[PDB]
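Vitamin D3 dihydroxylase bound by diclofenac.
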Amino acid sequence: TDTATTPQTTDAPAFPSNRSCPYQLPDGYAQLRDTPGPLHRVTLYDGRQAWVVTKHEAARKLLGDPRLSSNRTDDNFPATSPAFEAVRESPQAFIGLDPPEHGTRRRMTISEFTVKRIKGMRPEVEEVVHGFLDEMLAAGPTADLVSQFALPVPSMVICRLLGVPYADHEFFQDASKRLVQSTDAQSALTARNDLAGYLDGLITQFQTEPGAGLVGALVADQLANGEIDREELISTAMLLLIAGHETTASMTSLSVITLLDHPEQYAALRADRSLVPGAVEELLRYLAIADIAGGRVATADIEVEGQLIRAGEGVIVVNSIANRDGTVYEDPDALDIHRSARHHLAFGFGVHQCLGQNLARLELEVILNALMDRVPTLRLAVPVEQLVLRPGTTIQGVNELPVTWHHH
Ligand code: HEM
Ligand SMILES: O=C(O)Cc1ccccc1Nc1c(Cl)cccc1Cl
């Protein structure tokens, strides 16, 4: 059988790409960033072509365009790995809904994420952060920052918000990781079913004995009024549980790696804590850990600066690339905790903009202040070159981060 004997250059490169450095664009993404025009063709894992959005203002425009639907069950939604077919087959939380249905479900959860509520959560967050730090610092001279700090902290916080008992954390933390990091459909489906069966039992328990937290409130109110389906409640709680776990944990580990590679800026941050909120925004822009959250499908033709998105085409708004748009962020590939990182897209834009964004901002501020206060000598226990980054088909991050510090 004959083989390929011609040049292999394509104008639709394979997407997504994997990071080789935790805080820099994959080489292929830098190329997309540099090509003029808002859109570029890519080839997804199964050979199907899709569009990516690579510029900041076009990304805002298209995330705001109701002709780009968030319906993951659509046959033309841009799947980036075989594991996505698990979500195409499963019931949908409001992240997969379009207006008006999106708003009726999202509004059932917003009361837990208001600015006033986030402010009232600071003592619990600080207590949780410092508690896990107490344990880690006492347990040995080295640690895995991920399993001992980065993951348990947001896990405990989101479980309190939801009413999910932390006694079961080994089970649902493992199931959350399996679902988010699954590479095939069968392991994704099993992880989803594991969480679904758990949450289903929690719902019945709350119907017997009304419970705390957001799940308790949805059971007692919207579910008892038929305003949400039981299966929808499960999907909604599952989305909040997984996002509340995995996103902040990834930001924590990648922020530590990044700050230790920029010691001048880390030292400036320690000397002036009023810089921490701005540094968190810059880290969000720079690390942009959730490109997998940009998929859309066109329900009508859309004209974009001379290019045409046709009805039925998949579109991925790649916020990591849009966040490196030099017409918005001067010298976009430089970390600068003093820059204005305003208007970044790490949380999206428009009706689906991250519900948890200010909880995440609170958590990362408390976490960075606590690391600088309690472990100012924190350092990586292995070279950055020995770390293993997750692939571009999931939330960016590291699954293990060996660290050490000065003893007690
Ligand atoms: C820590 C950093 C985080 C990042 C970078 C991030 C990123 C994102 C992005 C980019 C979207 C837009 C998805 C889209 O347009 O389809 C989104 C939506 C969402 N995020 Fe976050 N997220 C973070 C933390 C959290 C946390 C802590 C929660 C807590 C529950 C959360 C819950 C949600 C929900 C429910 C949505 C769907 C909003 C909607 O569809 O209306 N996220 N997130
Ligand atoms: O988005 C979903 O429906 C669930 C899901 C599963 C695996 C990986 C990511 C996600 N969602 C997701 C998104 Cl789209 C953005 C931020 C955080 C999370 Cl957990």
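Just so it is clear, chain A uses the PDB entry numbers, and the residues here are 2-409, in order. Whatever order the structure lists ligands and atoms in, that order sets their numbers, starting from 1. Just so you know, these numbers use all the heavy atoms, side chains as well, and skip hydrogens, waters and symmetry mates. For this deposited structure, the header notes the method as X-ray crystallography, 1.5 Å.
Taking every copy into account, the model assigns diclofenac to ligand 2. Residue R73 places a heavy atom less than 4.0 Å from diclofenac (ligand 2). For atom 4 (C) of diclofenac (ligand 2), the nearest protein heavy atom (residue, atom name, distance) is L240 CD1, 4.3 Å. Taking a cut-off of under 4.0 Å to the non-hydrogen atoms of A244, the atoms of diclofenac (ligand 2) that pass are 17 (C), 19 (Cl). For atom 11 (N) of diclofenac (ligand 2), no protein heavy-atom neighbour is present inside the 4.0 Å cut-off.
My check of the UniProt calciol-binding residues in chain A for heavy atoms under 4.0 Å from diclofenac (ligand 2) returns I293. Counting protein heavy atoms only, atom 6 (C) of diclofenac (ligand 2) is closest to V181 CG2, 4.4 Å. Using a 4.0 Å cut-off to heavy atoms of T248, the atoms of diclofenac (ligand 2) that qualify are 16 (C), 17 (C). Taking every non-hydrogen atom of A294 and a distance limit under 4.0 Å, the qualifying atoms of diclofenac (ligand 2) come out as 13 (C), 14 (Cl), 15 (C). Those other ligands and ions that come closer than 4.0 Å to diclofenac (ligand 2) are ligand 1 (protoporphyrin IX containing FE). Close contacts between diclofenac (ligand 2) and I293 involve ligand atoms 8 (C), 9 (C) [criterion: under 4.0 Å to a heavy atom]. Heavy-atom proximity to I243, at under 4.0 Å, picks out these atoms of diclofenac (ligand 2): 19 (Cl). Other-chain residues and nucleotides with a heavy atom under 4.0 Å from diclofenac (ligand 2) are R73, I96, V181, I243, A244, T248, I293, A294.
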